[PDB]
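Per chain, numbering begins at 1; letters A, B, ... match sequence-line order. Just so you know, ligand 1 is whichever comes first in the structure, and atom 1 is the first atom listed for that ligand. Contacts here are counted within a displayed part of the entry, not across the full deposit.
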Amino acid sequence: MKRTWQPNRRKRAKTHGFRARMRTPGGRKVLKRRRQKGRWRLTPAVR
Amino acid sequence: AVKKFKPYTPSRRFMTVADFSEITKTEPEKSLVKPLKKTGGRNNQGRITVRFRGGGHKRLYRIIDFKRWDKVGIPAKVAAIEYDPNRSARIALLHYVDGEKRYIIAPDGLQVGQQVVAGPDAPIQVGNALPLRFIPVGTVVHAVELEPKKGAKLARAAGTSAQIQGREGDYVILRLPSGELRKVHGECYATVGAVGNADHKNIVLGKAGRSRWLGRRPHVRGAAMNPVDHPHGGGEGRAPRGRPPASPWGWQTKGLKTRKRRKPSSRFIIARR
RNA sequence: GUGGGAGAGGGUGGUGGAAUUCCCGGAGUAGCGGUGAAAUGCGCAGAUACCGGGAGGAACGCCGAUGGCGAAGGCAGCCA
RNA sequence: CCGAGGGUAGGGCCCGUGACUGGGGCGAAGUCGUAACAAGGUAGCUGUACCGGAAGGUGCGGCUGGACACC
RNA sequence: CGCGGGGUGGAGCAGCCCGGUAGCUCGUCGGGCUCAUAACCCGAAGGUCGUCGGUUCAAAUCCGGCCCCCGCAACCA
RNA sequence: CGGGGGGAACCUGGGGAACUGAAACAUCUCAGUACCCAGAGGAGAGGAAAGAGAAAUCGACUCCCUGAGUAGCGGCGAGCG
RNA sequence: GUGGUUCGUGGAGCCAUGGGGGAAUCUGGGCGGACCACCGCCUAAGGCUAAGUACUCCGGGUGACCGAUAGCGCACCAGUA
RNA sequence: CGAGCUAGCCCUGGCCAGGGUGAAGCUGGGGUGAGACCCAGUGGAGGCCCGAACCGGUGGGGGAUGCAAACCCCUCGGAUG
RNA sequence: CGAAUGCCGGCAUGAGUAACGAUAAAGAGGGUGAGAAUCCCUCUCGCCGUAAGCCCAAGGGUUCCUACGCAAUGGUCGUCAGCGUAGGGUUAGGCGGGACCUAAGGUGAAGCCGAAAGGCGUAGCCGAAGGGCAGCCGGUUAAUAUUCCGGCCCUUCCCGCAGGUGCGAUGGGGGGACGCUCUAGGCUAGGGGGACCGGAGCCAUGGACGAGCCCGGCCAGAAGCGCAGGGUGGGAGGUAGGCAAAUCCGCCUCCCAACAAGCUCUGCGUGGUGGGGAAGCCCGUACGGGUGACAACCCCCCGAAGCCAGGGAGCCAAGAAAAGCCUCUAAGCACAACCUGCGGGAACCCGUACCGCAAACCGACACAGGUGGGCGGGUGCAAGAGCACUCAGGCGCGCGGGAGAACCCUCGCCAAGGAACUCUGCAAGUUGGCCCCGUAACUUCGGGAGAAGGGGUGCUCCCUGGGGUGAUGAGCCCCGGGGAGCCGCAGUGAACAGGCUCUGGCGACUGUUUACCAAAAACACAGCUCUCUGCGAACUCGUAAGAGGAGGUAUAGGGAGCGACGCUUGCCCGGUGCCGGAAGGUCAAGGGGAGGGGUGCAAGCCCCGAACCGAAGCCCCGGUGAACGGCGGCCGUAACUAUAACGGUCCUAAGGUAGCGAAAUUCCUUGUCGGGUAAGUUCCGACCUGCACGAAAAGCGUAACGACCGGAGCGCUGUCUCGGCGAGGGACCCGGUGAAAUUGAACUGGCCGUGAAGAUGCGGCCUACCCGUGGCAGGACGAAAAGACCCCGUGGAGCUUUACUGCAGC
RNA sequence: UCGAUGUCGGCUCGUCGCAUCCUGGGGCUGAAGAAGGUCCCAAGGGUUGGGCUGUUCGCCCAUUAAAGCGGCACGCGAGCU
Ligand SMILES: NC[C@@H]1O[C@H](O[C@H]2[C@@H](O)[C@H](O[C@@H]3[C@@H](O)[C@H](N)C[C@H](N)[C@H]3O[C@H]3O[C@H](CO)[C@@H](O)[C@H](O)[C@H]3N)O[C@@H]2CO)[C@H](N)[C@@H](O)[C@@H]1O
Ligand SMILES: [Mg+2]
Ligand SMILES: [Mg+2]
Ligand SMILES: [Mg+2]
Ligand SMILES: [Mg+2]
Ligand SMILES: [Mg+2]
Ligand SMILES: [Mg+2]
Ligand SMILES: [Mg+2]
Ligand SMILES: [Mg+2]
Ligand SMILES: [Mg+2]
Ligand SMILES: [Mg+2]
Ligand SMILES: [Mg+2]
Ligand SMILES: [Mg+2]
Ligand SMILES: [Mg+2]
Ligand SMILES: [Mg+2]
Ligand SMILES: [Mg+2]
Ligand SMILES: [Mg+2]
Ligand SMILES: [Mg+2]
Ligand SMILES: [Mg+2]
Ligand SMILES: [Mg+2]
Ligand SMILES: [Mg+2]
Ligand SMILES: [Mg+2]
Ligand SMILES: [Mg+2]
Ligand SMILES: [Mg+2]
Ligand SMILES: [Mg+2]
Ligand SMILES: [Mg+2]
Ligand SMILES: [Mg+2]
Ligand SMILES: [Mg+2]
Ligand SMILES: [Mg+2]
Ligand SMILES: [Mg+2]
Ligand SMILES: [Mg+2]
Ligand SMILES: [Mg+2]
Ligand SMILES: [Mg+2]
Ligand SMILES: [Mg+2]
Ligand SMILES: [Mg+2]
Ligand SMILES: [Mg+2]
Ligand SMILES: [Mg+2]
Ligand SMILES: [Mg+2]
Ligand SMILES: [Mg+2]
Ligand SMILES: [Mg+2]
Ligand SMILES: [Mg+2]
Ligand SMILES: [Mg+2]
Ligand SMILES: [Mg+2]
Ligand SMILES: [Mg+2]
Ligand SMILES: [Mg+2]
Ligand SMILES: [Mg+2]
Ligand SMILES: [Mg+2]
Ligand SMILES: [Mg+2]
Ligand SMILES: [Mg+2]
Ligand SMILES: [Mg+2]
Ligand SMILES: [Mg+2]
Ligand SMILES: [Mg+2]
Ligand SMILES: [Mg+2]
Ligand SMILES: [Mg+2]
Ligand SMILES: [Mg+2]
Ligand SMILES: [Mg+2]
Ligand SMILES: [Mg+2]
Ligand SMILES: [Mg+2]
Ligand SMILES: [Mg+2]
Ligand SMILES: [Mg+2]
Ligand SMILES: [Mg+2]
Ligand SMILES: [Mg+2]
Ligand SMILES: [Mg+2]
Ligand SMILES: [Mg+2]
Ligand SMILES: [Mg+2]
Ligand SMILES: [Mg+2]
Ligand SMILES: [Mg+2]
Ligand SMILES: [Mg+2]
Ligand SMILES: [Mg+2]
Ligand SMILES: [Mg+2]
Ligand SMILES: [Mg+2]
Ligand SMILES: [Mg+2]
Ligand SMILES: [Mg+2]
Ligand SMILES: [Mg+2]
Ligand SMILES: [Mg+2]
Ligand SMILES: [Mg+2]
Ligand SMILES: [Mg+2]
Ligand SMILES: [Mg+2]
Ligand SMILES: [Mg+2]
Ligand SMILES: [Mg+2]
Ligand SMILES: [Mg+2]
Ligand SMILES: [Mg+2]
Ligand SMILES: [Mg+2]
Ligand SMILES: [Mg+2]
Ligand SMILES: [Mg+2]
Ligand SMILES: [Mg+2]
Ligand SMILES: [Mg+2]
Ligand SMILES: [Mg+2]
Ligand SMILES: [Mg+2]
Ligand SMILES: [Mg+2]
Ligand SMILES: [Mg+2]
Ligand SMILES: [Mg+2]
Ligand SMILES: [Mg+2]
Ligand SMILES: [Mg+2]
Ligand SMILES: [Mg+2]
Ligand SMILES: [Mg+2]
Ligand SMILES: [Mg+2]
Ligand SMILES: [Mg+2]
Ligand SMILES: [Mg+2]
Ligand SMILES: [Mg+2]
Ligand SMILES: [Mg+2]
Ligand SMILES: [Mg+2]
Ligand SMILES: [Mg+2]
Ligand SMILES: [Mg+2]
Ligand SMILES: [Mg+2]
Ligand SMILES: [Mg+2]
Ligand SMILES: [Mg+2]
Ligand SMILES: [Mg+2]
Ligand SMILES: [Mg+2]
Ligand SMILES: [Mg+2]
Ligand SMILES: [Mg+2]
Ligand SMILES: [Mg+2]
Ligand SMILES: [Mg+2]
Ligand SMILES: [Mg+2]
Ligand SMILES: [Mg+2]
Ligand SMILES: [Mg+2]
Ligand SMILES: [Mg+2]
Ligand SMILES: [Mg+2]
Ligand SMILES: [Mg+2]
Ligand SMILES: [Mg+2]
Ligand SMILES: [Mg+2]
Ligand SMILES: [Mg+2]
Ligand SMILES: [Mg+2]
Ligand SMILES: [Mg+2]
Ligand SMILES: [Mg+2]
Ligand SMILES: [Mg+2]
Ligand SMILES: [Mg+2]
Ligand SMILES: [Mg+2]
Ligand SMILES: [Mg+2]
Ligand SMILES: [Mg+2]
Ligand SMILES: [Mg+2]
Ligand SMILES: [Mg+2]
Ligand SMILES: [Mg+2]
Ligand SMILES: [Mg+2]
Ligand SMILES: [Mg+2]
Ligand SMILES: [Mg+2]
Ligand SMILES: [Mg+2]
Ligand SMILES: [Mg+2]
Ligand SMILES: [Mg+2]
Ligand SMILES: [Mg+2]
Ligand SMILES: [Mg+2]
Ligand SMILES: [Mg+2]
Ligand SMILES: [Mg+2]
Ligand SMILES: [Mg+2]
Ligand SMILES: [Mg+2]
Ligand SMILES: [Mg+2]
Ligand SMILES: [Mg+2]
Ligand SMILES: [Mg+2]
Ligand SMILES: [Mg+2]
Ligand SMILES: [Mg+2]
Ligand SMILES: [Mg+2]
Ligand SMILES: [Mg+2]
Ligand SMILES: [Mg+2]
Ligand SMILES: [Mg+2]
Ligand SMILES: [Mg+2]
Ligand SMILES: [Mg+2]
Ligand SMILES: [Mg+2]
Ligand SMILES: [Mg+2]
Ligand SMILES: [Mg+2]
Ligand SMILES: [Mg+2]
Ligand SMILES: [Mg+2]
Ligand SMILES: [Mg+2]
Ligand SMILES: [Mg+2]
Ligand SMILES: [Mg+2]
Ligand SMILES: [Mg+2]
Ligand SMILES: [Mg+2]
Ligand SMILES: [Mg+2]
Ligand SMILES: [Mg+2]
Ligand SMILES: [Mg+2]
Ligand SMILES: [Mg+2]
Ligand SMILES: [Mg+2]
Ligand SMILES: [Mg+2]
Ligand SMILES: [Mg+2]
Ligand SMILES: [Mg+2]
Ligand SMILES: [Mg+2]
Ligand SMILES: [Mg+2]
Ligand SMILES: [Mg+2]
Ligand SMILES: [Mg+2]
Ligand SMILES: [Mg+2]
Ligand SMILES: [Mg+2]
Ligand SMILES: [Mg+2]
Ligand SMILES: [Mg+2]
Ligand SMILES: [Mg+2]
């Protein structure tokens, strides 16, 4: 039955997207943390 | 007054619809005069701040003239009487002789051929607006300005009206639809007569759905919730209230007066029995 | 048919004054009410009695009769 | 084919009967009060409405088959 | 068993709780009013305080035992 | 002409917890800690007495040692200092 | 009315200041633990000021530091699969 | 950090085989002082009926280291709101 | 280090055990190859066919095509593949999206607010599955195509020539521009039939050389035209309104139309050219290619839910915006500009493979689950997207071969009986569609109602009514009607398709709910009542700004209870809550300074500090019951007895009225009586000793309704007496692949005792050759889960209030 | 035994005890016969169908030679409900 992953490429980048993070102070520190750790991808894939 | 229905269903039984014989138009309204609107009951933060609202038929908002004093002395013919789904009352479409078209809330007694005016000049007859100070004591009156030049706030709903009981200096004493006795400034415009579509109070919704179409959602009793949810609930097997009956936010809902004491408004009120 | 008459005859709309009650103001003090006699009630948080204002509803004194009208029930301030 | 009638099904009317229940008639000397007949001690009666152990009481309107002092 | 209150003239209640005093209304008895009964008026009689034991100078009264009464409780199981 | 944004930890400023301790818990403690925010920089802060405080004394500020778990503070408790 | 201080309302001063009232320029004003006198100390309501101090992304030296289940999560193409 | 599941609301689109009953209204006729009304045809109302799609999840059986971390079979509720 | 249900890794047991993932289904020949049930071809068989076929959107992201491969991946095998290596493949001015519009929302010059981070906000801006906008048919590749190509159309920009005109916009106006249900007339997709047209070929096995049988009889297309539809007045005069100006728009007046009459726009039709084009035979194909042919290319009918499209009608709940578009004037410019037509030019970026109800997406899997739009043929059955078979197309579900035990699951049938089963007809059966007859209580007059209960149902021939289309005719199609016959056990012949009645409880009703053990008598619901709220409303969210409320105004809005409807809803205001009360009482800060104190030589400076004045709140007085709530006890009494209409007394703020009543409430209790039954703790009626009903936490009824809960009957049954037989998928045997919880170690018997009280393990005695397979579950206090009950802990968390103390709010 | 010994009743399947319900054998009798009463021996076998209730039990209908009482974790849920 309907499961929890219902992928929508637009929704993915307007929610977790790079511009999205950059808009909220909560969100900028998400980036700082990922950069400080050396994540290859600071922000999700979406095509 | 009031269409009824043979009971070919349950709830077609006591269901009741208004009498639209008065409506001289339908499928209008004057396209020049109306924008749109929306809400949810939710507010600018997204939050429900009025409960049990939503759904219901899409409406277009008829723009409507509550300042009649900007046309002083210009006459107008009553053009049409049609349906407004934002109010209890019906709106009269009227053409001015300026060629300006405007909406008026329809007094009881307007046939559509008739001329109407507004201003100190103003014959005293149904449909005409004057400042209160020129209207003779005793007149039944609707759509009243509370303060001068600010627009008509009072007696706007189907069947409502007010009466001039007398005057004192710059002010006149009014018996509102509530029965409250109120001073109002002499310079406030008002139009003579009562609102009409007065049988509005006798519609009988008749089924659940007809409440939803008006955008009214189901309303649940405190009684039926849990204690997180409301001052009355739990224990069950029902229960009496267990406590002086209360709103969800905790204040007492029987008897308890909410008007604020120090309002400078109080200096102008004498009543409300 | 014509010409005339009396009448609270019916329907509708209006409208007047007397009174009662309620409130607002004035003045004023120790009771008021009520009954067979009382008590309940009302009153020094200012009652009753008196003056002024106002709100509202109901019924129409004298004319009025042992009277008129109406099929009966009934119909009574005044105007159309 | 029709056909006495037998069967299955559903109605109608009438009689009988029924735990129980409603009043009613009737039965010398049981209990409670006094409503009515004399302003019957509240004139009575009345349709209706509410009430009350009971008779009755009270409201609104009605009928007379009720009415020598005093204001 | 468990906890609380109770038992007083014929009926119904005070008084106990603060030791010495037993009261109220009805009823009953005698008399009056009345042709007579009720009503009403004038007088009166009537009890050992459930019972047993203790405390004290003195116990309806304070204490304990039993005997009846009314009441609440008896849950997780 | 300048600002903006970034920087491991360190610094100042604005704000600021709870578990826990108290062998329960409110004052108290943990603690001006964790965190969040703003601004510095290679350091930051502070600094030249409207100071100490008993000696007719000492002389700006910072940091270390000591004074000293002293003086005090404290449901005069746990503790704090 | 509060915060700071060892100071928890305490005899509670000092420094700070959200609110009300509200001065003077040497004979002026703050202070020395309520307050008063005396004797002292100091000059608020403007600002800047190296060094001695903290820290370690980074470079180097040295270990009675580990030796692939240890030492950083990662000795290996790891903040990766 | 999450409303890509889920709950509500907002905006904008879309879907609902086929059958069954036959409201008001209108028309004509009767009726009447004039009406109410009665009848007939027409008409096509309704959180109306039957029943697919779509939405559900009634009862039972199976499954129970499953095909499946909610499934399958049979039956069954709504289906212009 | 031996233990921590320790941690990390490795390897065991269970065990060659269970499974190998839908019961749609396979068999043979030939080919390739080291190797073949599994790959390729053919033939036969079976399965889907409102799908299991085809197209689109999401999402996935090279999975697409081909060459060479088989270690692994594939629940077996694999020579095959969605897998490995490599190479190749996605072509647009017109399709989608952007150099267009605006919607919710978002964002945000101005502005407002907030310790900081930030919050808000008009204009603007962004934002789409909405509005706007120009491409149809075929052919082509291994693989792309409205993209390349062929044929035929079309749009914008740019520049030029001609003709026209007051030109000109971010501004004004028009339009765009809209619901739901029903729906006319004309079309098209689509489909059916033809004795008419075209075509390879066929006579089998008894018959048939035939008006035989099988195959096909279209597609697109500018202008012009025709049919059908949409939209639409014309002229003047005045003109104060449309935040400037308008000639436009609006408004008034007069004049002609009254009609699509015209003007205009779209649909279809036809149209120059263009292009398709079967069965069959042949080769030869993961695929399709010659021919059939020079193909034919036409009539009739059925007919949309699609089109004309802003069509029409009715109803109430009253049904987006903005740009493109046209019109109007403004500056401004009138050489310009704009309009119209022709011509040349110029016309960018991204998507484009493939999967796409699934082995390519969401579900850790090649997973019986989930996933929006469109097409979805034929026949028959009343209709239909239902059901059975079947086109095209696509599949036989990636372990097989046997055997024919128990047992299990899914299914079939059953003598006699018929609920005797059982908590309960649970289950299963009966019934079943359509037409016709017929149909009760009661009822809110609609219902109840498919009530119930019956009859018909096929085929052949005769006669015959009405309709649609054509002509009024045939033909074709739809709807019947009557008459006479035939066959079977049976004609809705197979498939899909109510069992029914009586009577209670609860809820009026359709609805709603615990995703995943509860669908209900719970929630909601129209409706009734109370209450607050005069509008910068009350209320709610927010520190605030602001917002909702509501662009509403008491016939409105918030809160609360009750819950259609009918008849109704008593008494008590002592307490509590709310409401009213200008007095009195007490009251905090502040005002007040009687008086007292410290210290100074003193002037002073500095502490205390009585009376008194002084808010709300509490006290006090009163009102309030669809506010919280509450509505008695003992004793006596009637000419049989019983009983008590009646009295007595004690208490209360007041003592339960109506109506119900062993109840969804009744303890005693299976109360007593009556009904039903052969028999009734249930159920129905009644009585009233109501432990412990009772009136809006409503009381008592109520037609209709219900996957609710109770009681009875009929019908019918494998529920049962009581089992039997049969089918299929497992189970069993063989080949291939091959798990799991669990496991101190094991050489693991019975009894009677004993033992921490329930011994394979200790004692005595009995019994017992070693090892397995198929089976059953009594025991290892069997596995699983550090018992959820219970207690403990000065453990924890949700919840309440006249617990304490705070805080917001007021 | 709380790092789990599932708990009433039904059903299925039984097995054992005897304090015997029946059948067999007996003594006594207030045993004429028949038919009972009571006590003794005896565990081989047998011990019904149904209404009510979840019920065990119990009452009841119709029968019977009889309609026995107990134990087996109130026998038996890795057997079912
Ligand atoms: N039949 C007359 C009607 O009945 C009623 O009358 C009935 C009663 O009211 C009346 O009862 C009366 C009683 O009122 C009166 N005051 C006392 C008297 N003894 C009783 O009488 C009764 O009692 C005894 C039995 O013991 C019988 O013998 C006697 O016949 C009988 N009347 O007796 C009648 C029944 O028998 C009313 N009067 C009224 O309804 C009407 O007139
Ligand atoms: Mg997941
Ligand atoms: Mg998307
Ligand atoms: Mg979304
Ligand atoms: Mg990288
Ligand atoms: Mg937001
Ligand atoms: Mg509502
Ligand atoms: Mg409501
Ligand atoms: Mg509700
Ligand atoms: Mg609840
Ligand atoms: Mg919550
Ligand atoms: Mg609460
Ligand atoms: Mg409650
Ligand atoms: Mg309860
Ligand atoms: Mg209570
Ligand atoms: Mg007369
Ligand atoms: Mg016959
Ligand atoms: Mg017959
Ligand atoms: Mg009388
Ligand atoms: Mg009398
Ligand atoms: Mg009298
Ligand atoms: Mg009398
Ligand atoms: Mg008399
Ligand atoms: Mg009375
Ligand atoms: Mg004594
Ligand atoms: Mg408990
Ligand atoms: Mg910086
Ligand atoms: Mg700070
Ligand atoms: Mg502690
Ligand atoms: Mg502790
Ligand atoms: Mg604690
Ligand atoms: Mg601290
Ligand atoms: Mg800080
Ligand atoms: Mg420095
Ligand atoms: Mg500095
Ligand atoms: Mg500095
Ligand atoms: Mg500290
Ligand atoms: Mg401090
Ligand atoms: Mg402090
Ligand atoms: Mg201090
Ligand atoms: Mg000092
Ligand atoms: Mg000085
Ligand atoms: Mg100072
Ligand atoms: Mg000092
Ligand atoms: Mg000092
Ligand atoms: Mg100093
Ligand atoms: Mg510095
Ligand atoms: Mg280094
Ligand atoms: Mg080494
Ligand atoms: Mg390592
Ligand atoms: Mg090694
Ligand atoms: Mg590691
Ligand atoms: Mg959502
Ligand atoms: Mg969602
Ligand atoms: Mg129909
Ligand atoms: Mg219909
Ligand atoms: Mg329906
Ligand atoms: Mg239906
Ligand atoms: Mg239905
Ligand atoms: Mg249905
Ligand atoms: Mg189910
Ligand atoms: Mg809707
Ligand atoms: Mg050890
Ligand atoms: Mg095994
Ligand atoms: Mg096996
Ligand atoms: Mg197997
Ligand atoms: Mg070969
Ligand atoms: Mg070979
Ligand atoms: Mg070979
Ligand atoms: Mg088909
Ligand atoms: Mg895509
Ligand atoms: Mg393999
Ligand atoms: Mg092109
Ligand atoms: Mg585009
Ligand atoms: Mg854009
Ligand atoms: Mg460009
Ligand atoms: Mg754009
Ligand atoms: Mg835009
Ligand atoms: Mg700004
Ligand atoms: Mg914002
Ligand atoms: Mg825009
Ligand atoms: Mg778009
Ligand atoms: Mg579009
Ligand atoms: Mg396009
Ligand atoms: Mg093509
Ligand atoms: Mg122009
Ligand atoms: Mg417009
Ligand atoms: Mg065609
Ligand atoms: Mg056809
Ligand atoms: Mg032959
Ligand atoms: Mg053939
Ligand atoms: Mg065609
Ligand atoms: Mg054509
Ligand atoms: Mg050829
Ligand atoms: Mg239209
Ligand atoms: Mg724009
Ligand atoms: Mg392509
Ligand atoms: Mg599927
Ligand atoms: Mg689909
Ligand atoms: Mg596929
Ligand atoms: Mg998958
Ligand atoms: Mg598979
Ligand atoms: Mg699948
Ligand atoms: Mg599926
Ligand atoms: Mg779907
Ligand atoms: Mg079709
Ligand atoms: Mg059919
Ligand atoms: Mg089908
Ligand atoms: Mg398989
Ligand atoms: Mg049988
Ligand atoms: Mg039978
Ligand atoms: Mg039975
Ligand atoms: Mg069943
Ligand atoms: Mg019925
Ligand atoms: Mg039938
Ligand atoms: Mg029925
Ligand atoms: Mg026949
Ligand atoms: Mg036949
Ligand atoms: Mg046709
Ligand atoms: Mg079948
Ligand atoms: Mg069927
Ligand atoms: Mg059916
Ligand atoms: Mg019935
Ligand atoms: Mg019952
Ligand atoms: Mg219901
Ligand atoms: Mg429904
Ligand atoms: Mg329904
Ligand atoms: Mg619910
Ligand atoms: Mg659930
Ligand atoms: Mg369920
Ligand atoms: Mg249901
Ligand atoms: Mg607030
Ligand atoms: Mg607002
Ligand atoms: Mg607002
Ligand atoms: Mg608004
Ligand atoms: Mg409301
Ligand atoms: Mg309720
Ligand atoms: Mg009441
Ligand atoms: Mg009463
Ligand atoms: Mg009270
Ligand atoms: Mg009171
Ligand atoms: Mg006072
Ligand atoms: Mg003072
Ligand atoms: Mg002195
Ligand atoms: Mg006060
Ligand atoms: Mg009071
Ligand atoms: Mg009873
Ligand atoms: Mg009860
Ligand atoms: Mg009953
Ligand atoms: Mg109740
Ligand atoms: Mg109540
Ligand atoms: Mg109720
Ligand atoms: Mg009831
Ligand atoms: Mg009912
Ligand atoms: Mg339902
Ligand atoms: Mg139900
Ligand atoms: Mg069987
Ligand atoms: Mg078999
Ligand atoms: Mg283990
Ligand atoms: Mg052995
Ligand atoms: Mg043993
Ligand atoms: Mg076993
Ligand atoms: Mg087994
Ligand atoms: Mg076991
Ligand atoms: Mg276990
Ligand atoms: Mg434990
Ligand atoms: Mg639990
Ligand atoms: Mg404790
Ligand atoms: Mg605790
Ligand atoms: Mg245990
Ligand atoms: Mg264990
Ligand atoms: Mg024996
Ligand atoms: Mg024997
Ligand atoms: Mg014998
Ligand atoms: Mg035996
Ligand atoms: Mg035996
Ligand atoms: Mg039973
Ligand atoms: Mg029993
Ligand atoms: Mg036991
Ligand atoms: Mg047992
Ligand atoms: Mg079990
Ligand atoms: Mg059991
Ligand atoms: Mg067992």
| query | Given the choices paromomycin, golcadomide, olodanrigan, zafirlukast, muvalaplin, what is the drug or drug candidate at ligand 1? | reply | paromomycin
| query | Which macromolecule here is the main partner of paromomycin by heavy-atom contacts, as listed in the PDB entry? | reply | 16S rRNA
| query | Which other chains does a heavy-atom search at under 4.0 Å around paromomycin pick up? | reply | D
| task | Check the entry and give the organism for RNA chain D. | result | Thermus thermophilus HB8
| query | Which residues from the surrounding chains have any heavy atom less than 4.0 Å away from paromomycin? | reply | D:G25, D:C26, D:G27, D:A28, D:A29, D:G30, D:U31
